[PDB]
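PMEApp:Calmodulin-sensitive adenylate cyclase complex.
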Amino acid sequence: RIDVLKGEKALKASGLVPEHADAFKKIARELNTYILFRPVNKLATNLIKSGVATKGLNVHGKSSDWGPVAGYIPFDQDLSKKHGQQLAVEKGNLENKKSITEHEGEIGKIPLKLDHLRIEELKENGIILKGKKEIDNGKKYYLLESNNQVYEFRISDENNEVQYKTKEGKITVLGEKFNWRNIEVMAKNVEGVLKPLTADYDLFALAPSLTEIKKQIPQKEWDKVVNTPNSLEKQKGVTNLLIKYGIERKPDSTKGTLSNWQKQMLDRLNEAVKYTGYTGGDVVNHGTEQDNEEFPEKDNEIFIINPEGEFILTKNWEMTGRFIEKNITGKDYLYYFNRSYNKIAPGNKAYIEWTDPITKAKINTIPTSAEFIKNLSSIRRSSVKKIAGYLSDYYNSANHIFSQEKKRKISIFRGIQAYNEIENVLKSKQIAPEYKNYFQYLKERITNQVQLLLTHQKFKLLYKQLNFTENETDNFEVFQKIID
Amino acid sequence: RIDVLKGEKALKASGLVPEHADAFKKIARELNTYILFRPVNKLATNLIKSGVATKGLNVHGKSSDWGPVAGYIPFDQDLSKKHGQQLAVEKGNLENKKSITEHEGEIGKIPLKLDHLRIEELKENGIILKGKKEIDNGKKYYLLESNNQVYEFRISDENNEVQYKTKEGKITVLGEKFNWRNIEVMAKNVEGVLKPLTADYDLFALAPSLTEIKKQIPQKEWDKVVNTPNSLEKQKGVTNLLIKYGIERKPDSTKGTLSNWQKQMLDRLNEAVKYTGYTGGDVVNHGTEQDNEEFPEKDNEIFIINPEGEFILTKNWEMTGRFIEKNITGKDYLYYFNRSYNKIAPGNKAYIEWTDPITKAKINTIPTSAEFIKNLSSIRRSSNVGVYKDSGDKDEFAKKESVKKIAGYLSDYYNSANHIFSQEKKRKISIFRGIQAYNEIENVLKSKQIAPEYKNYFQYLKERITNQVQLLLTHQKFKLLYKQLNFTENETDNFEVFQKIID
Amino acid sequence: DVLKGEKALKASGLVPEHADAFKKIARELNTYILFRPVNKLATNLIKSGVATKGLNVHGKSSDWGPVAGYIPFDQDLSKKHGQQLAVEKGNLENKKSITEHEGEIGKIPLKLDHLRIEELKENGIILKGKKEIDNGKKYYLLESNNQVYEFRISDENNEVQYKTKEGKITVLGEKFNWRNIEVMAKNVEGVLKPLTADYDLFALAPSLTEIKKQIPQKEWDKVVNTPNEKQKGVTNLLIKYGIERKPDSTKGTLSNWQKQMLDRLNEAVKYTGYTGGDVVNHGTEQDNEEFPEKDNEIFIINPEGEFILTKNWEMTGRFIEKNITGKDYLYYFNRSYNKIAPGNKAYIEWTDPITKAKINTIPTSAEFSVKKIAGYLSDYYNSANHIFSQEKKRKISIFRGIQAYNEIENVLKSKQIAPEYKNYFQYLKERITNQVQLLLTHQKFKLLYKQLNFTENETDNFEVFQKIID
Amino acid sequence: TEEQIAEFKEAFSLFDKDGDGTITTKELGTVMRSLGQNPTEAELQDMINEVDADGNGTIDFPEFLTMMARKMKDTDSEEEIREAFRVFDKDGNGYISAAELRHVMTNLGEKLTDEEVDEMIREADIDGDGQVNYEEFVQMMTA
Amino acid sequence: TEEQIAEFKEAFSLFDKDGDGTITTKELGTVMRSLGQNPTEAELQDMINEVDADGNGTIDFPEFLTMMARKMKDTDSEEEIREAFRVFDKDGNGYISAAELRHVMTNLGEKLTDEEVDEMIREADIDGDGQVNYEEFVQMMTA
Amino acid sequence: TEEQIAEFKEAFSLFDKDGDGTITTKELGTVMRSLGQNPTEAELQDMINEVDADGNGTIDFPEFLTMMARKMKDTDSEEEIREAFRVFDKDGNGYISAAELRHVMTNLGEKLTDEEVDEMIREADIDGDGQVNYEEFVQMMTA
Ligand SMILES: Nc1ncnc2c1ncn2CCOCP(=O)(O)OP(=O)(O)OP(=O)(O)O
Ligand SMILES: Nc1ncnc2c1ncn2CCOCP(=O)(O)OP(=O)(O)OP(=O)(O)O
Ligand SMILES: Nc1ncnc2c1ncn2CCOCP(=O)(O)OP(=O)(O)OP(=O)(O)O
Ligand SMILES: [Ca+2]
Ligand SMILES: [Ca+2]
Ligand SMILES: [Ca+2]
Ligand SMILES: [Ca+2]
Ligand SMILES: [Ca+2]
Ligand SMILES: [Ca+2]
Ligand SMILES: [Yb+3]
Ligand SMILES: [Yb+3]
Ligand SMILES: [Yb+3]
């Protein structure tokens, strides 16, 4: 039992527009595939529902969750959710400036106008309050308050444009100060007219049923594998067929990096919400998060819609991990996790951890020469050949003509072989402090692996009785008998 | 009508030393040229007047506007105006460290000494207050206060050196904490002696009279161009002199990037203030801000001195724009605005907007074959590079309909050959050429959705081509006359019907 | 104006026993030992045998809250608390330690042992407060005068957890509920053990005798037994075995003798009962050229065995000057001093006698048919000069200087000379002036320049000047 | 710059029924013309002969990229011109009018007649709109 | 990437009794094999002949660095595979079992018999542990 | 190393009545000497003959920049020396005195006489000031 919210309560925290979510159950079910969304700016929801357009990959400015511009994409990113975070604000603005220039006529900015109804919406949510009136150059304004301490906001009675200025003696994060001026918001060009943008639905991950993936594979391209006398070169093409149509992903022009089935699924989603009335366009604009390798966001609450059509909301990252494990990656569903996890994401240096079974095993599994070499590469950030060779001997596909009983033997030996060509390197010179550890490590691994193969059938115990001294098909003779 | 301050009140906000400003009226007038200054550290003014030297391009540390070191250039940039801004402080210091090392013996730092009179000046301005006395190692000190909460300052009675330390439990922006220690200030080497520096007069922009620029042109060279037949090459001749002598600029060694007339004007300015007594040296050390393309500063208040000799102080950027528009760039005066405006300044990523007519009209203007082929490049940043030919998945198709014609047809629109025809003719041949391109384009979109953004580029061209044509037409008589025209068979025939259609 | 004994040791941060133990080595090896400050809240942990951080861990320790004394993974819980850039730079460092050194370094939940809480209560760092129950689990709040975070400890396993206060925001602009406090740890025998501040050594100044002892009796002889180079044969046997330093990874850049001196220091501490291995993991700050730290208080233990604690950098400089670099002891100061350290752009100043008496002159351009460009004019220090007599030299010298006085120097009005060059030549001239009066006063520049007229090849005026020796 | 080379690359691959990337001098001109230039047949020879010693008449990018790397030297004044345009346009309407052309001229000494003026405008005018737009002002300054 | 070239550099200097840095084709294979590859003698010729026109049989880094700069193109799918491995391994034990191999298969249409299944495992299995570890899953998908 | 090359560049162009940038071996020495070096006529040949196979006797920068790129290897100890100087100078006056030279020596074993000492100072002394300044200490340590 995990502690996750369900239905109504969860949808509430998801941020998606109810109608849209309900509409999504349909696709989740029909296509038997889990749909997971990253949080959605709650103050964005209503805007979305009212048909406002959402931001695509050509807009990386962060939305706002406070003040009159709440729900929109303020040009001045210190008015966004990243308010007060110098680096984020700065990185945020550069992004907007880029959106404005590298995409002229595509994206632009426009003054924020708070419609009569929106002010109301905001009053309820307790975000801002229409206050006392003010007159400034023969012009009528009405102050708009917020518990914020740096800025002061007001709205024009005529055109309903909102303006803001820095408070007395107060200073912007970027160390600015200014008087009354319009609040610009990111907008996209729609039919020659510039229309404001708002948060979109960011997909955390799409987990389809293996079967659903099958439908992606062409009926005779699969048979040309299924129906193959051989077994090895089959299990390969069957896997490569999973990859190509199920796993592999590619950088689309504006949809970011996503796969092909994902592209479809994407369209179904946007379709679904348009049938409900969404006239803003797409609500989902790109690949998913597990492919967002440069700037991974680690959210606490994930909103999941299972192929049943139910609503679940993981409470915390650790939990989201469980859910995915118990109900997806462990239940015949296609799933791959962000390649940056367990590494330092290049873009924002994020370090999001995730459970990776392959690693778990590392401790009991001797390495391939490549890994062994590539471990000597990334160990050069600050020298002998029979080892990497032997490791290449351990993993030899030639073994596919021998018997398990044989295999273990030849392997058990090959391991002991390497454990030797290694033991003597350390018996040799200290070389580099960290290189010493690498071998004390290999040793243990090689040890465990061997010791493992042995308990499969019958380490150091049988290590005192073996040869080092004169090298061909002879030192291997004694061993044969030793294992029996 | 604009809300700008004038005279005395404006001068007050300008920061320039009164005498110096008055002295400037002279040059503004005499040379019939607008002079615009960026704000000047008000707490720097008096220091300047008292003959303190100003900082040149070899010193990028920011001045201070509070505390005892107000007006000077503190080595510890957290004592400057950028106080409390970690990144700015840090960037500020690196700059000082550089000034100190990459310019040894040229620039240096020295302890700040507050002269008996300066303390007084500071007391009036309400910056610091001489407080209680203190004795610390047999040495007499007098506390100096400030409404600041991080630092504490005191001054030596003997040599008048000011020291400062961080308050109890308080922490520096850079996360430091230390006890009493001298306040060092940037200084320059003058005759083997190190003298303190202060804010200089940064010129926002210099707008001279076209005529004044004429005096720059050698009367002979103006002749070898004003004396010739070719009516068209008549203008092009002056245009290039106007440039060569007033528009072009170059990177000087220490004066940054400025033009030649500007170099002169610069000297007149420094001359002028020396006539009044300024013994510090130059008060103006660099080209104007309009050439400061890497790190543009966007100030709110600009101080302008018109060729009349009056003082104006724009209240805000938007206003400064108007002023310049209504009284300079629209009144026969030479003016060019920072090339970084409307772009992302490379240095500080600033994005200062300015009104650029050329653009404000590129909506009713048809693109150049080049002002197109180049776009196709930029828009090629949202895809992978490979082969222009054969871009489809199918092997039966290898070409995006109207590949080059759209370009050529644009090169046809802008043909200098048209200089032998009549306007009436021109509009016609052009109006057509446009409709021609609007076709070779319309069919590209009619062909395949090629790239999402490439689609927009054409929906754009379309509109433009549209406006341009529709514009030429209302000059004399769009889609209305688009239904009745040929596509199907391509030489001097589809052009015949058109002829009559326009009448 | 420096603290001494007990009082100083108190401020040093070292574990008393360890310091006392150090007197022994300082004395025995006649060598000054200088330590940079040590996190006071780290002291006790060290003493209780906790392991210290080596160069593979650059996260900063903490000096407040339950995690005080350790290396929090979340660097906003460290001493750098509240310093966005430092926190961020700190974390990246931890992330790196965790990844680029897998299985070597790791992180683990912080557990506050029954005694530690007590220790913390005395130091007045945290207080065990009211109880709390959260999912059938028993917790006890731990307070701190901090305003951003809130801490609690589990009664079962004694794990400490923390969360951000209501409406409060992390420096990095975060907010989260209850979660474990992870701490940097190193792998020890397959088990992950927590780390703490080490004993970062400031400097080491051995009795000049000691570096001799370092030299092999042979290599020394082949130059001391009248092989007179000697004059330079010594300095080089002084360099290679006393000044020369080189990288090393586990330890950083340091010197052979230093390496040894390390070992003795470490061993020297085991004896007191220190379990967690080494406390001195790497070369001295004077070789930490990329990211120099400028501390206020330095802890010094003189070859006598006494304890001194400089109060401030300016003072630490004096101490070193009066009692070390001026008293026959080997010492070299961080090569980054007086320069902009590359790594952190630090600019720590130090007194360089060489720059002291910098009123002298040599290959400048350090400043960056018909013979006029050629000729021997920029070579004041003519090696071939030991042939002349001290008098000739001082006499000829002045001449060579003046030779440069009006060389190509009077070119003060070549086209448009920048105040930068003039300033130099000027200065240079200001040098040649003093770089003469001395040679004079030794045995008697603004003396007589009217008795000098250089309007011909230096050879012609050569005779002149020699006649001016009067 | 990146865009620079990027631009020369766009046109180059615009017309090239060669495939791999090698055009002829029979079209080299059209390229430089579509890319905003008006070279004379005399200049299209002394260059395609200095660097192109192949004697085959085949041209690719690396070669072309270098030719442009020379011409675009004392002509890259694109800026100065654009600024100058803005100088004439007093009313800031985005176009240069006769009245405007007058002032600039008269203020520079050359006093022109309402006739001569209107002559220059028409000459420079290419669309017949009765005014000079930047694009036109450009051609007129670099033909 | 840096590591990429860094990797090719590690092995290259691993075996080279030449010194300066020049090996032979008599060992070129061993190198590519120790670095995780199984090239055929037919491919080790048509390449060492295109770039190596020296006719000496001497090879260095800059040359080798380029060959790898081609092969590692439509094979760098290391990721996709590694991910696929994780897809089969339902129990997340780090190894692929027959039972597991079954599901993936049956769920993809191909219904296999407890015999055929155990055949595939045993074929792919290299150590005889009775299961497929990533390393093995890799070889089986590459070699 | 920017400054390094920058330094070798300063002197190189200091004397060169060639113009473009090509000097002779008749002056190559003067260059290396003005740049702080004392090479022997024997070393100024075996090098200007290995890299300079032109047989013309013409030298430029790229060539020179490489020669220096070799000599400045086991001599760049500028640091170590400078530090050593500071070690002798106990009084921190910036100069090395006989008294000082004594200690360092006696403390290193070699007990010298007030005579021998004063001999070394004078030998190392170049200006006759009766003391050794860093510059001098340097020359004395160069060879
Ligand atoms: N496949 C992908 N390709 C590129 N970027 C991606 C991909 N998937 C995710 N990202 C990164 C960011 O997705 C958009 P972004 O605007 O940053 O979302 P957000 O931060 O949730 O919006 P908000 O700020 O409007 O709340
Ligand atoms: N023409 C130019 N070329 C290059 N840089 C320029 C030009 N004009 C201005 N600059 C750049 C920096 O100007 C000086 P700076 O001293 O940094 O000004 P400031 O910030 O107003 O000084 P203050 O800090 O002394 O108040
Ligand atoms: N010889 C050297 N080589 C390289 N780096 C060095 C050397 N000597 C010192 N350093 C740099 C930093 O020493 C370790 P560091 O962990 O940063 O100390 P600290 O700052 O005192 O730790 P603390 O944060 O735990 O109090
Ligand atoms: Ca106009
Ligand atoms: Ca026109
Ligand atoms: Ca498994
Ligand atoms: Ca196996
Ligand atoms: Ca001395
Ligand atoms: Ca001397
Ligand atoms: Yb998104
Ligand atoms: Yb300035
Ligand atoms: Yb350390």
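Here is the naming used below: chain letters follow the sequence lines, and residue numbers restart at 1 for every chain. Keep in mind that the numbers below use all heavy atoms, side chains included, and drop hydrogens, waters and symmetry copies. Just so you know, ligand 1 is whichever comes first in the structure, and atom 1 is the first atom listed for that ligand. Per the header of the entry, the method used was X-ray crystallography, 3.3 Å.
The full list of places where PMEApp can be found here is ligands 1, 2 and 3.
Going by heavy atoms, the other chains that come closer than 4.0 Å to PMEApp (ligand 1) are A. The residues lying within 4.0 Å of PMEApp (ligand 1), counted on heavy atoms, are A:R38, A:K55, A:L57, A:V59, A:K62, A:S63, A:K81, A:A199, A:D202, A:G256, A:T257, A:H286, A:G287, A:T288, A:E289, A:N292. Taking the UniProt 3',5'-cyclic AMP-binding residues of chain A and keeping those with a non-hydrogen atom under 4.0 Å from PMEApp (ligand 1) leaves A:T257, A:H286, A:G287, A:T288.
Of the residues that UniProt lists as binding Mg(2+) in chain A, those with a heavy atom under 4.0 Å from PMEApp (ligand 1) are: A:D202, A:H286. The list of other ligands and ions under 4.0 Å from PMEApp (ligand 1) reads ligand 10 (ytterbium (III) ion). The residue of chain A annotated as active site in UniProt and closest to PMEApp (ligand 1), together with its heavy-atom distance to 1 Å, is A:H60, 5 Å.
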